[PDB]
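So that the names make sense, note that chain A is the first sequence line, chain B the second, and so on, each numbered from 1. Each ligand, and each atom within it, is numbered from 1 in the order the structure gives. Values reported hereafter were calculated over all heavy atoms of this structure, with side chains retained and with hydrogens, waters and symmetry mates removed. Header lists the method as X-ray crystallography, 2.5 Å. Displayed portion only: the contact tally does not extend beyond what is shown.
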Amino acid sequence: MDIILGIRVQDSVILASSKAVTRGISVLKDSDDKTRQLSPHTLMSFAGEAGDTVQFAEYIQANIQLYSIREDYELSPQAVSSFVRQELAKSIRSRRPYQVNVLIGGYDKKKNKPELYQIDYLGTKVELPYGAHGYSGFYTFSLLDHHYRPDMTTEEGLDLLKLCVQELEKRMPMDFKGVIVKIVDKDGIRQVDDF
Amino acid sequence: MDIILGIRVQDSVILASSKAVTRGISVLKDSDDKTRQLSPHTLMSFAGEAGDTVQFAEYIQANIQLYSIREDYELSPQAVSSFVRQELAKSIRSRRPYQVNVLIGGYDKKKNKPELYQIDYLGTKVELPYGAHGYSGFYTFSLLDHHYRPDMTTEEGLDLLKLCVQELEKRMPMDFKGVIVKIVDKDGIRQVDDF
Amino acid sequence: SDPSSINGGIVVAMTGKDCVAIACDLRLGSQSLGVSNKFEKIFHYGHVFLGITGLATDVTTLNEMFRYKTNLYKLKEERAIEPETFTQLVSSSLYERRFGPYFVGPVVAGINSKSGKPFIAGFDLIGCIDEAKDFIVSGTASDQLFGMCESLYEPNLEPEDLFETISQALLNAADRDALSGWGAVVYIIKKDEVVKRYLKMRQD
Amino acid sequence: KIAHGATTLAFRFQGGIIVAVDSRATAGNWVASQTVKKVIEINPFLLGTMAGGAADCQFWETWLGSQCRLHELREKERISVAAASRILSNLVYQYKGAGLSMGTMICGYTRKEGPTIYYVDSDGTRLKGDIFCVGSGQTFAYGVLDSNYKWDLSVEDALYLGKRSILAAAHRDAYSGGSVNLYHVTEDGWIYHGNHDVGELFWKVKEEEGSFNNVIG
Amino acid sequence: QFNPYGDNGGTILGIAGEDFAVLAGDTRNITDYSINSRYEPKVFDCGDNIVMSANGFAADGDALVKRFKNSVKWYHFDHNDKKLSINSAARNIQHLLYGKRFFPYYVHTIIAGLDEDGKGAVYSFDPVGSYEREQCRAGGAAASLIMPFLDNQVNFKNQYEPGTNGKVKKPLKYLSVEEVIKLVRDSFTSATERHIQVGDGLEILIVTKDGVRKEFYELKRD
Amino acid sequence: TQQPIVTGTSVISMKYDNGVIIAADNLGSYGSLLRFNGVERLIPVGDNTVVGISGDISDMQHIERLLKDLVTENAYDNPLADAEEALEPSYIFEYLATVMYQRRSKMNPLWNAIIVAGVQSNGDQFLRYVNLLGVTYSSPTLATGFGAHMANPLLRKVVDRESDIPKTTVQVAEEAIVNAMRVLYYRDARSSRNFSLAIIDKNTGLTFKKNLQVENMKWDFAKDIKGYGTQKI
Amino acid sequence: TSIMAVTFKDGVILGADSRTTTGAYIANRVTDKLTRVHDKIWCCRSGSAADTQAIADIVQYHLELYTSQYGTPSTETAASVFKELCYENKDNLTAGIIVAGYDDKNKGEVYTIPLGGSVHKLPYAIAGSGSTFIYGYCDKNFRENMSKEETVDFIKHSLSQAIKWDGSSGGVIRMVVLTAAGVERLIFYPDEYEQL
Amino acid sequence: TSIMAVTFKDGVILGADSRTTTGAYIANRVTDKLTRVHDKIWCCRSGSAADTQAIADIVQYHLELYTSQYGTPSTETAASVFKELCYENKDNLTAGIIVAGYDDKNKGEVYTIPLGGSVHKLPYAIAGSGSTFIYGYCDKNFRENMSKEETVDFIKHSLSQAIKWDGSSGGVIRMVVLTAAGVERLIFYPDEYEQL
Amino acid sequence: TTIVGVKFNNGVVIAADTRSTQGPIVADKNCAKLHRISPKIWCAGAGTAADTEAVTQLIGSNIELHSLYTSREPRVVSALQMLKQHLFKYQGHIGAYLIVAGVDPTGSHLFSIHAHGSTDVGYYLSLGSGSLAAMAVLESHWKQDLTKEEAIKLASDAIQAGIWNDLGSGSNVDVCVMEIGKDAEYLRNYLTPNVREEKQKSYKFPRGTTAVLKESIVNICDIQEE
Ligand SMILES: *[B]([O])([O])[C]([C][C]([C])[C])[N]C(=O)[C]([C]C1=[C][C]=[C][C]=[C]1)[N]C(=O)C1=[C]N=[C][C]=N1
Ligand SMILES: *[B]([O])([O])[C]([C][C]([C])[C])[N]C(=O)[C]([C]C1=[C][C]=[C][C]=[C]1)[N]C(=O)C1=[C]N=[C][C]=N1
Ligand SMILES: *[B]([O])([O])[C]([C][C]([C])[C])[N]C(=O)[C]([C]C1=[C][C]=[C][C]=[C]1)[N]C(=O)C1=[C]N=[C][C]=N1
Ligand SMILES: [Cl-]
Ligand SMILES: [Cl-]
Ligand SMILES: [Mg+2]
Ligand SMILES: [Mg+2]
Ligand SMILES: [Mg+2]
Ligand SMILES: [Mg+2]
Ligand SMILES: [Mg+2]
Ligand SMILES: [Mg+2]
Ligand SMILES: [Mg+2]
């Protein structure tokens with residue numbers, strides 16, 4: 001799929017993902033949720049080749065849910081991100097690699113800190129205050145480089161995110177049909193229904 | 001460029017043309033007028049390869065304006081369309097062909113009839129009640145086939161045109177940044193500034 | 001397309017009097033797009049230091065692999081691995097993937113704990129050992145680094161002098177490479193103390 | 001390996017036109033130059049920006065200056081920005097297919113037109129507009145421009161906006177950097193507003209503005 | 001298929017002083033892994049106190065220099081023996097190069113001399129004629145090895161004054177002709193060590209108000 | 001654009017104290033077929049120049065005709081054609097170099113590598129190379145094709161730099177050339193035993209030697225070589 | 001490569017040039033292309049040096065193991081083992097081999113195995129790039145039941161011409177004589193065979 | 001195609017097979033490849049039938065016009081006109097021609113012009129696809145100053161072998177004898193030359 | 001790369017240059033191309049550096065185990081056979097071009113081996129990009145019944161020809177002499193005709209020239225007691 005954005009503020013991680021799904025000539029859907037909850041305090045958004053994206057996301061989801069039941073314990077965002085990276089690093093030298101890029105937004109309950117990880121299909125992991133995949137960063141990073149602070153509130157993070165989406169809607173050729181925004185904090189994961 | 005539409009109603013011809021100009025990655029402009037007045041009662045819209053579109057349109061414009069001065073007389077839409085077709089038919093077997101598709105909307109003052117001509121870059125001319133170029137027809141023709149009447153008013157034509165643009169804005173992947181609409185009738189050419 | 005120049009980056013190592021130095025830039029990119037200015041390319045297992053340039057996923061994977069192997073080494077051997085021995089392990093590990101290689105440019109640096117002798121080594125992506133006396137270079141600005149090192153370097157430099165030489169070699173090489181820069185780190189390594197210094201440089 | 005990579009912009013405002021460019025030229029990953037002049041001084045009243053082919057832009061915009069000089073000798077009047085931009089676009093259109101590489105903003109300020117900018121392309125495109133941004137770092141500069149642009153900017157604030165937008169691109173785009181060249185175009189001619197090293201400019205802007213908190217300084 | 005281009009290797013270096021200019025180049029000429037000549041002059045005195053080198057494909061390089069020398073001759077005939085200034089020579093060379101825009105001279109051209117105020121001047125060109133005045137420019141095979149060193153030792157890049165710690169830059173003090181030649185020699189000696197196409201000999205042409213002087217130095221022959 | 005059909009292999013040459021020596025074998029190959037065994041690839045121009053040519057033989061014969069026509073043209077309205085205004089090696093080379101570069105620039109080259117050896121009016125040795133690309137260079141030793149890889153290393157041991165030229169006699173220089181031709185016969189699969197050699201001396205003039213053969217060859221040791229490793233019989 | 005094997009009254013003689021080339025460079029001017037797979041069963045090798053060496057080594061192994069179990073193998077048997085390797089691995093091999101041997105029962109025999117891996121029993125055989133130039137000469141000059149001296153002259157004259165015209169052939173002319181008397185190696189140098 | 005020209009005591013004799021092929025189909029089994037460009041200047045044609053016919057027709061025109069102005073042309077002159085056409089149009093031509101002629105002053109001469117358009121004066125020449133197989137035979141059997149009967153036998157035996165081994169060569173062996181006496185055509189059929 | 005091998009009276013000598021290159025860049029100026037397969041069996045390698053190293057170590061390891069198994073000193077023909085069969089199996093993809101030499105109870109031996117697995121026997125051999133320059137010298141000066149001193153001279157002269165005339169070769173000459181009834185003598189940097197001249201200037205910087213953001217001590221020691 002197309003645009004996925006991420007920003008880590010003071011006490012939460014915010015992920016924004018486009019709603020459009022395009023089969024070449026036509027836009028088949030305008031309400032697609034490009035994310036999966038891996039654990040109560042960990043969310044993963046994704047974009048890449050059709051089919052592979054959902055198949056990979058659900059495979060990861062199943063593995064983390066299995067771990068949660070076995071140990072009766074939630075893995076840290078760092079631990080989940082490392083597991084996901086290894087799977088993609090394994091995948092890139094396979095017969096047919098997963099063509100999937102992901103952002104992992106999680107709140108570490110032990111350290112009481114939000115964490116955002118950017119991982120591409122090669123298995124290239126980086127921890128960032130804000131991140132993106134594809135062409136999304138080319139438009140948005142200049143705005144984030146200017147306005148971003150580590151001590152921003154969740155509301156300020158959403159406002160900065162609106163400015164990023166507005167710039168995308170102005171300068172990108174493709175109509176991505178807006179974004180679904182989700183917030184990850186100490187209380188868990190929730191969706192912003194009006195954006 | 002992208003989308004150009006045309007519809008011939010009772011007493012006028014309406015041309016609608018997208019405002020976007022895209023240089024690969026970025027949308028450089030969102031207010032581009034993809035048309036040229038060939039004579040007081042003849043308008044030509046255009047779409048195709050960059051540069052060739054404007055160069056061709058202006059070349060045609062100059063030739064028709066030259067004819068108008070020489071004879072002190074306005075050529076009929078049919079006569080202008082035949083001239084344009086011949087130029088494109090000449091062009092297709094040249095060293096480097098004009099990669100340009102056009103619609104010619106004109107009001108014939110002799111016959112008191114609106115006329116719409118569709119001509120592609122090969123020099124393929126057809127007279128139609130409504131027409132389009134590129135992928136525009138794939139979305140819009142089903143609506144026009146259902147709703148169109150030869151006795152429609154200009155206002156009804158604009159309403160049917162709005163329905164076509166709405167369907168394009170829903171199902172097309174590219175953001176074409178709306179359309180500039182122009183009306184050609186007995187009184188000449190005017191632009192609908194609110195659409 | 002070329003795996004060794006997608007992410008960009010550089011590593012350089014030098015020997016001095018009773019010391020060694022290893023340094024790297026901090027950039028990680030996706031071709032033209034700068035992604036991270038905190039991607040450190042130098043790792044250490046005990047007193048042995050390893051710098052790795054090239055494809056970033058392989059950089060990360062190999063670090064995790066050599067941490068894995070040096071930890072098992074230590075448990076069985078009951079001692080920390082030495083630079084000479086680690087160099088052979090890196091070579092062996094890379095060559096086992098002869099026809100499906102990790103797209104990397106590793107650089108080993110350290111001092112032998114028993115003999116006290118300074119040691120550096122470089123490799124190609126498939127295992128060949130370059131054991132130079134003077135200096136080793138790696139990454140997308142290796143040509144630039146060769147030019148800097150070959151003119152700036154002199155033997156038997158004191159730790160604080162060696163710091164200046166290797167820093168200037170890295171900085172000026174990085175500034176002539178689009179895919180390198182965005183910060184830098186320098187390790188000064190002595191027999192029983194190691195100092196780590198982040199350098200101030202242009203951020204374009 | 002011809003040189004490649006750039007960030008160039010130009011925008012119309014109350015006080016005329018701001019032109020801002022980076023200074024970097026790269027042959028692959030190798031940085032060939034950090035001191036490239038990407039604004040061509042066509043004449044004292046007209047400016048052009050360099051993106052795509054360096055020679056193509058240099059050669060044909062110098063040539064354009066010669067044509068503009070011949071026009072005003074013959075017509076005893078300053079050439080319009082519309083006419084000048086058209087001489088260049090018609091010229092490159094003749095060469096279409098042969099492999100010219102050009103993406104430029106022809107910038108001027110005349111009595112009849114006011115401040116005017118034309119984007120001219122090697123595939124024959126000629127677009128009038130208020131804000132243009134061309135090069136490998138164009139998307140980064142557009143972000144800063146779009147969110148801060150107003151018609152009623154002061155000359156001082158407009159100059160800074162153009163400087164700040166190139167800096168944004170220079171930071172993120174690997175093939176942009178070196179230094180920033182600023183120009184202000186008025187009706188009585190263009191005025192040069194200096195060369196600004198990006199290395200020094202970045203730290204200065206970081207401290208004074210509070211931006212780039214992601215970068216340690 | 002016939003390939004009209006070739007690569008003769010070699011490396012050139014132009015540095016502009018305060019009241020002088022140098023244009024240096026190695027004397028080795030090669031194809032693939034063979035040496036054609038250990039001494040094949042590459043930097044030329046073109047008259048009017050201008051020195052020139054067109055590095056890359058030697059056939060195109062010789063053709064361009066030959067045509068420029070010819071241009072200087074006809075400039076004298078057509079304009080009453082007027083001295084061709086370095087800036088005017090630079091613009092003329094652009095038109096020579098761009099004249100073959102669609103079948104280029106496969107060379108990196110550098111000229112050196114004095115401007116009309118007597119100050120040192122170096123101009124640099126790409127194969128299709130884009131040019132720029134510069135203080136310092138290396139061209140050819142080992143250009144990537146030499147330029148970063150010159151940035152550091154001529155323009156004092158990344159160098160700051162002790163005690164201040166990054167706050168005060170090292171001041172850009174002017175270099176003498178003796179100092180420049182030292183940097184040229186060390187640039188080529190270092191390039192020779194790490195680049196196979198660089199070696200054999202180094203020929204330097206120095207331009208001052210008094211005229212054009214030559215200096216030669218041996219380089220490693222392996 | 002073409003492909004070379006009938007081809008000539010190496011041309012080798014060097015400078016010595018009083019002049020220059022040049023040599024080339026008498027073969028015209030047709031791919032791997034050693035078709036023509038009596039081809040002269042050294043072509044003298046006057047009494048002061050010898051042009052040695054390798055590569056395409058049809059193009060060599062064309063160049064041979066150009067040089068023949070050049071001598072005729074120079075004699076026209078020229079009372080000093082056999083004296084002060086005679087053709088120099090430098091004149092002949094520059095002409096060929098001009099033609100070679102012009103032909104490559106029309107994408108229709110003369111598929112040759114050429115060495116012009118001679119002695120100038122003032123006694124100076126002339127030795128310069130030109131090929132299908134118009135590339136030119138000079139050196140105390142020059143060779144084409146395989147000669148560049150095998151002959152030059154041997155000839156450079158005699159004359160390594162400019163200062164070695166006055167110390168090198170005609171006997172030592174000829175010896176080195178003849179040895180190089182033997183080495184090329186051992187190792188070049190498109191060479192022949194028969195060759196021509198030319199000496200241009202400032203005192204004794206042009207000496208053109210035809211029907212020379214490679215001699216004093218070492219082959220006896222071949223009898224002791226058996227199998228490719230383990231085989232004893 | 002110019003190779004040949006010729007049956008005569010007392011047995012068979014193998015002949016070969018000594019040139020190995022990488023393009024136009026002669027990588028070995030004194031190569032031994034006459035190879036032993038059994039006491040009195042030898043072969044001439046043409047094509048890839050690596051492939052024909054690998055094949056010959058495998059055949060020697062097979063015939064050594066054959067001998068330990070079943071006694072001396074026939075020349076036909078040796079040819080069959082060569083064929084099996086050349087036929088079954090035709091996609092990956094470039095090998096043109098002539099097999100020649102002497103039995104007491106069957107006397108001198110020659111089998112040629114071209115690229116495809118087919119087998120052809122012949123009174124004499126020629127192969128390699130240089131053989132093309134002597135099809136005419138060999139066909140006109142070969143007779144059955146020649147003497148040793150006549151057969152040596154036939155091979156010497158034939159390979160001399162093949163060497164003269166083929167750039168890929170040259171050096172010394174090696175020969176191996178297979179009779180009841182034993183195994184004799186012969187060598188002939190350029191000065192001898194060029195003047196023929 | 002198998003073609004050759006051989007000088008001898010009384011003059012020169014041209015020889016050729018009669019096969020024309022489109023791939024493996026014989027489009028003409030009785031082709032005449034020995035062609036007349038002047039009374040006693042003939043040529044042997046190999047390569048493209050169209051190209052070599054076009055060239056020969058042009059040469060015949062040039063030599064006819066030469067004769068009207070300057071009298072009888074030399075064989076060298078005829079070869080030069082052939083060369084000019086083959087050399088200058090090398091990119092577009094596939095023609096391997098042997099030129100043979102008889103003067104009274106120069107006697108029998110032979111010039112071969114291969115693909116590149118080079119010229120080579122020789123005592124005898126062989127060309128065409130089938131010539132490869134008789135380089136050995138011809139080199140061993142050619143002598144200078146042979147008699148008419150010996151030269152006919154040499155060509156007959158040579159082309160017989162070339163035909164035997166080359167699929168592109170076959171049919172009858174045509175020959176043309178050029179001497180002071182005049183022009184004589186000879187033909188030899190399969191039953192005659194196959195049993196040689 | 002220039003590598004050579006020369007037979008003499010009572011043994012064999014091999015030699016090599018010391019330049020390694022990545023394209024037109026010199027990766028290592030003093031590279032060691034003479035490899036030990038066993039105490040008295042050495043080989044020089046050209047081509048892909050990792051491959052020549054790896055294939056020598058593997059066969060050298062198996063040769064050692066074979067020597068221990070058979071209670072016999074290893075033979076050159078065994079190293080030759082093991083190397084060629086390994087290289088043949090990998091169809092030339094293992095880019096190792098070797099000159100194998102040594103002394104054993106059978107005598108003194110000299111072989112070449114190419115990447116595709118073909119072997120050759122000779123009294124004098126040369127491999128690598130400078131093999132033509134070296135072979136020119138060998139073909140000019142080689143004779144039968146060379147002494148130890150003459151063979152070393154000839155071998156090193158052949159390498160020099162490669163050093164000076166081939167751009168793929170340079171720096172120093174390494175030699176190894178293997179004589180019958182003696183220890184093999186490995187002469188590392190036998191000749192050193194390419195020492196760099198003194199530089200015109202010293203580029204030692206004043207202390208504090210480089211701008212620094214942060215300093216910190218790195219903990220290389222283990223977790224401490226108490
Ligand atoms: B001969 O030319 O066929 C010859 C016989 C071989 C057994 C020594 N072959 C080669 O020389 C081949 C190349 C070749 C030439 C002509 C036809 C087929 C093959 N050479 C090699 O195999 C070779 C060359 N250099 C190194 C290793 N191997
Ligand atoms: B001979 O084989 O070269 C022959 C001589 C020709 C003058 C009669 N040529 C051909 O038969 C050619 C094909 C060819 C075969 C072998 C080598 C080169 C060329 N054939 C034709 O030209 C031909 C065939 N059919 C119709 C027309 N032309
Ligand atoms: B020599 O030139 O053959 C030399 C001998 C080698 C065994 C030490 N070879 C090389 O230097 C090779 C050249 C080469 C380059 C690229 C692909 C294959 C071969 N170089 C290396 O193997 C090499 C290059 N860079 C780093 C390490 N090794
Ligand atoms: Cl072999
Ligand atoms: Cl015919
Ligand atoms: Mg990533
Ligand atoms: Mg950089
Ligand atoms: Mg940048
Ligand atoms: Mg950057
Ligand atoms: Mg060098
Ligand atoms: Mg094989
Ligand atoms: Mg031969």
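In the deposited model, most contacts to ligand 1 involve the chain that the PDB entry calls Proteasome subunit beta type-1.
As for ligand 1, the drug there is bortezomib (bound form).
Contact chains for bortezomib (bound form, ligand 1) (heavy atom under 4.0 Å, other chains only): G, I.
The contact residues of bortezomib (bound form, ligand 1), taking heavy atoms under 4.0 Å, are given as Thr1(G), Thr20(G), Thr21(G), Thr22(G), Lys33(G), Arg45(G), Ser46(G), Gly47(G), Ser48(G), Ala49(G), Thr52(G), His114(I), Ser118(I). In this structure, atom 25 (N) of bortezomib (bound form, ligand 1) lies nearest to the protein heavy atom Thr22(G) OG1, 2.9 Å. Among protein heavy atoms, atom 26 (C) of bortezomib (bound form, ligand 1) sits closest to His114(I) CD2, 3.2 Å.
Among all non-hydrogen protein atoms, the one lying nearest atom 27 (C) of bortezomib (bound form, ligand 1) is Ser118(I) OG, 3.4 Å. Counting the atoms of bortezomib (bound form, ligand 1) from 1 in the order shown, those under 4.0 Å from a heavy atom of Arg45(G) are 7 (C).
Nearest UniProt active-site residue in chain G relative to bortezomib (bound form, ligand 1) (non-hydrogen distance, 1 Å): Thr1(G), 1 Å.
Of the protein's heavy atoms, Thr1(G) OG1, 2.8 Å lies nearest to atom 5 (C) of bortezomib (bound form, ligand 1). The deposited model's entry lists chain I under the name Proteasome subunit beta type-2. Annotation: atom 28 (N) of bortezomib (bound form, ligand 1) to nearest protein heavy atom, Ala49(G) CB, 3.7 Å.
Closest to atom 8 (C) of bortezomib (bound form, ligand 1) among all protein heavy atoms lies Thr20(G) OG1, 3.4 Å. When distances from atom 17 (C) of bortezomib (bound form, ligand 1) to the protein are checked, no heavy atom turns up under 4.0 Å. As deposited, the covalent attachment of bortezomib (bound form, ligand 1) is at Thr1(G) OG1. Source organism of chain G, per the entry: Saccharomyces cerevisiae (strain ATCC 204508 / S288c).
The protein heavy-atom contact nearest to atom 9 (N) of bortezomib (bound form, ligand 1) is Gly47(G) O, 2.9 Å.
At the shortest separation from atom 13 (C) of bortezomib (bound form, ligand 1) among protein heavy atoms lies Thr21(G) O, 3.6 Å.
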